[PDB]
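Looking at a structure with lisinopril today.
When a residue number appears, it is its place in the shown sequence, counting from 1. Atoms within a ligand are numbered from 1 in the order they appear, just like the ligands themselves. Just the heavy atoms: all of them, side chains too, but no hydrogens, waters or symmetry mates, feed the values below.
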Amino acid sequence: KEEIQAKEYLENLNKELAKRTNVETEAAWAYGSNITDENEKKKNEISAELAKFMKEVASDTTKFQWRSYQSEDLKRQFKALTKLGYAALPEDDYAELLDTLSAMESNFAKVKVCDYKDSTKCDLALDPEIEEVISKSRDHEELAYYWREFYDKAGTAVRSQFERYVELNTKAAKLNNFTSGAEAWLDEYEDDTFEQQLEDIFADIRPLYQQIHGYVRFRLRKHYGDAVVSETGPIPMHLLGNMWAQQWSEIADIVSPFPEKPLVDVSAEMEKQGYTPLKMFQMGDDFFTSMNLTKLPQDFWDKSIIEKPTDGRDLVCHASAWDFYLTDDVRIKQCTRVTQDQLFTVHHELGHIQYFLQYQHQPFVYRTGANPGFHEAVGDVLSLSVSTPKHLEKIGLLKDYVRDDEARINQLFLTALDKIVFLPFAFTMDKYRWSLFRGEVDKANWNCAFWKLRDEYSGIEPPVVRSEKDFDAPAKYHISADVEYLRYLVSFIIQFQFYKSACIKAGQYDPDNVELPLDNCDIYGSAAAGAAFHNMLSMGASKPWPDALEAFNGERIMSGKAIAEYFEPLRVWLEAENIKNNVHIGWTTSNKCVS
Ligand SMILES: *[C@@H]1O[C@H](CO)[C@@H](O[C@@H]2O[C@H](CO)[C@@H](O[C@@H]3O[C@H](CO[C@H]4O[C@H](CO)[C@@H](O)[C@H](O)[C@@H]4O)[C@@H](O)[C@H](O[C@H]4O[C@H](CO[C@@H]5O[C@H](CO)[C@@H](O)[C@H](O)[C@@H]5O)[C@@H](O)[C@H](O)[C@@H]4O)[C@@H]3O)[C@H](O)[C@H]2NC(C)=O)[C@H](O)[C@H]1NC(C)=O
Ligand SMILES: NCCCC[C@H](N[C@@H](CCc1ccccc1)C(=O)O)C(=O)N1CCC[C@H]1C(=O)O
Ligand SMILES: *[C@@H]1O[C@H](CO)[C@@H](O)[C@H](O)[C@H]1NC(C)=O
Ligand SMILES: *[C@@H]1O[C@H](CO)[C@@H](O)[C@H](O)[C@H]1NC(C)=O
Ligand SMILES: [Zn+2]
């Protein structure tokens with residue numbers, strides 16, 4: 001009979017937590033939109049106040065015999081409340097951690113480098129100045145300059161802060177009785193075999209990655225020459241069109257299977273048609289509403305930041321989506337540019353927004369993703385259909401396109417340069433941090449431990465020799481900003497499970513029909529695919545994630561079958577092409593990190 005009282009306790013507590021988290025989120029928004037010493041102080045002081053309340057909440061849960069309850073729902077809510085995270089730390093330790101975290105994120109956001117050609121102009125930021133060069137320049141010495149300048153300033157400058165962060169993250173995890181921060185993060189997936197599952201899936205897809213890597217290296221040798229790219233060594237990462245070599249789509253024009261056949265790049269047509277950031281977001285909104293999903297509320301349009309501010313202010317430009325835990329107060333902060341890549345980013349971020357809107361009726365503790373990978377997958381499912389020649393022709397961004405066998409391979413390869421290449425990258429981000437959290441790497445070996453993983457899994461390496469005098473991991477946003485990365489590995493796998501099922505539901509994919517291939521499916525306008533999204537997303541975290549997956553397509557298991565199915569036509573072509581051209585596969589151990 002205690003359950004009746006507990007039910008009323010939770011109902012009230014959830015609403016209180018939403019209200020208190022609203023205040024924290026507003027402060028965090030203000031700081032991210034506007035980096036100042038005063039906003040930093042405000043963000044961290046509100047966080048400390050919320051942490052103190054959570055601690056009292058965790059303490060109060062012991063007054064309830066919640067493990068004895070009949071209701072799985074009540075038990076699930078109470079269990080969520082016992083998990084404190086960083087809030088478990090002593091008052092002083094939590095304050096220090098907050099200061100360390102803001103030091104790292106603000107350092108990242110304030111990085112400025114000098115122009116390669118003009119050592120007087122020193123106001124080039126990553127977004128958009130440096131990223132523009134990395135994506136567009138084919139001058140290998142220019143690329144190497146910007147790589148070194150950025151990593152030195154975004155990575156190395158923050159080593160001592162990162163070290164204290166690891167220490168306090170570990171202390172926090174242990175106060176929650178996890179072994180380390182690795183176990184704390186993994187707890188979000190509610191499955192004690194989750195690591196092994198991902199190792200198994202990765203092993204199945206790894207051979208395809210090896211083939212893509214080999215072919216790209218072959219093509220880069222033809223472009224840059226053997227003085228710059230070896231046949232048998234790891235690929236110099238500054239040549240891959242991305243600061244972290246996480247996705248290689250930006251160099252597709254020089255590595256495309258059939259260069260005389262069409263390669264989709266709609267950036268120029270977007271500009272020609274007078275596209276704006278506003279129009280891009282309106283188009284994303286249109287896609288969701290077309291599937292009978294929820295329209296963006298007025299607060300979104302009023303309060304979002306969709307262009308980089310033109311005043312002198314510092315801010316976090318790294319695109320993000322925000323839930324304020326009231327009703328319909330959801331926002332995006334994106335330094336939007338008019339490019340194809342940015343159009344996908346718009347859809348990714350709007351996927352988060354849709355999830356927020358779908359579960360906003362749930363009790364506070366359930367107002368989050370089924371697991372962190374689910375949140376990341378939503379927007380990418382739409383991006384997959386947006387990226388198709390089918391959809392791009394509908395919106396008039398792709399003209400005079402003939403979709404023959406060769407054009408199809410180009411498009412599949414372009415997609416793989418984003419989707420397959422990313423898998424080892426994503427895995428290494430957390431394998432690295434897990435190894436630090438678990439105390440498996442001595443402090444003397446922290447930098448080369450990072451590059452060892454990037455070599456082992458991705459077969460890439462720095463453009464210049466690094467050592468333990470450098471510290472390169474925090475040069476990636478999520479590492480400086482303490483954002484778990486496994487969510488993205490999970491997302492890139494399960495988004496294909498979602499995409500395939502949504503395509504089947506939309507009547508857009510049949511494995512026995514040549515006219516309905518998975519790689520040209522467009523789910524625009526499909527209420528049937530939208531219904532599946534509604535069924536899943538409306539659950540939030542009310543049930544363990546296999547139940548959320550089951551609500552979508554009746555499946556309960558994370559599987560690499562769907563991603564492999566999507567790329568199967570590419571795998572067949574590429575294996576044969578690599579044999580035809582005697583392409584070397586695999587790589588020697590890198591010499592670019594001195595121990
Ligand atoms: C992470 O793991 C930690 C363990 O490694 C864990 O820390 C333990 O939490 C326990 C609370 O659950 C706590 O147990 C209490 O111990 C008290 C005395 O211990 C002190 O002296 C010891 C010397 O012998 C030292 O070793 C300790 O460090 C302590 O200083 C007891 O006084 C206390 O008892 C009371 O509470 C129980 C409540 O239990 C329930 O009560 C209800 C009543 O409604 C029953 O129906 C139910 O069946 C159940 O019994 C009462 O039973 C009892 O009458 C007393 O009122 C209690 O046993 C322990 O001290 C603590 N540390 C260690 C080292 O064990 C953390 O909590 C974990 N953290 C998280 C977040 O989970
Ligand atoms: N040109 C970059 C746009 C970035 C878009 C996206 N941003 C992240 C931001 C995450 C975040 C967590 C906590 C606080 C603040 C922000 C996202 O998942 O939206 C992202 O990082 N993504 C999208 C998938 C891959 C991953 C990346 O790029 O590494
Ligand atoms: C940023 O914050 C400062 C104080 O920290 C405030 O005075 C200023 O108005 C803010 N800038 C913008 C553009 O909102
Ligand atoms: C739109 O969604 C509602 C429920 O949210 C559903 O009942 C209805 O069938 C959907 N519209 C169409 C045309 O399917
Ligand atoms: Zn995301």
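- For lisinopril, every matching ligand or chain, copies included, can be listed as ligand 2.
- The main binding partner of lisinopril (ligand 2) here is, in the terms of the PDB entry, angiotensin converting enzyme.
- Between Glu349 and lisinopril (ligand 2), at least one pair of N/O atoms sits closer than 3.5 Å.
- Of all the atoms in lisinopril (ligand 2), the ones that sit under 4.0 Å from a non-hydrogen atom of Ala319 are 7 (N), 8 (C), 9 (C), 19 (O).
- Of the residues UniProt lists as binding Zn(2+) in chain A, a heavy atom under 4.0 Å from lisinopril (ligand 2) is found for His348, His352, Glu376.
- Less than 4.0 Å from lisinopril (ligand 2), one finds the following other ligands and ions: ligand 5 (zinc ion).
- Using 4.0 Å as the threshold, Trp244 has no heavy atom nearer than that to any atom of lisinopril (ligand 2).
- Not a single heavy atom of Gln247 sits closer than 4.0 Å to an atom of lisinopril (ligand 2).
- If you check each of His348, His318, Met429 against atom 20 (C) of lisinopril (ligand 2), the one with the closest non-hydrogen atom is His318.
- Among UniProt domains of chain A, the one with most residues near lisinopril (ligand 2) is Peptidase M2.
- Residue-ligand proximity: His478 is placed with a non-hydrogen atom under 4.0 Å from lisinopril (ligand 2).
- The structure places no covalent bond from lisinopril (ligand 2) onto a chain.
- Atoms of lisinopril (ligand 2) lying under 4.0 Å from at least one heavy atom of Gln246, given by number and element, are 27 (C), 28 (O), 29 (O).
- Protein heavy atom at the shortest distance from atom 22 (N) of lisinopril (ligand 2) is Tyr488 CE2, 3.9 Å.
- Atom 1 (N) of lisinopril (ligand 2) is not flagged as protein-proximal [any protein heavy atom, distance under 4.0 Å].
- Counting protein heavy atoms only, atom 16 (C) of lisinopril (ligand 2) is closest to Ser320 CB, 3.7 Å.
- Among all non-hydrogen protein atoms, the one lying nearest atom 11 (C) of lisinopril (ligand 2) is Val483 CG2, 4.3 Å.
- Not a single heavy atom of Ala481 sits closer than 4.0 Å to an atom of lisinopril (ligand 2).
- An N or O contact shorter than 3.5 Å is missing between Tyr477 and lisinopril (ligand 2) by distance.
- Of all atoms in lisinopril (ligand 2), listed by their number and element, those nearer than 4.0 Å to a heavy atom of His352 are 17 (C), 18 (O), 19 (O).
- The residues lying within 4.0 Å of lisinopril (ligand 2), counted on heavy atoms, are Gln246, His318, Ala319, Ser320, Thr345, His348, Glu349, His352, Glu376, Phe422, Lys476, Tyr477, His478, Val483, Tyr485, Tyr488.
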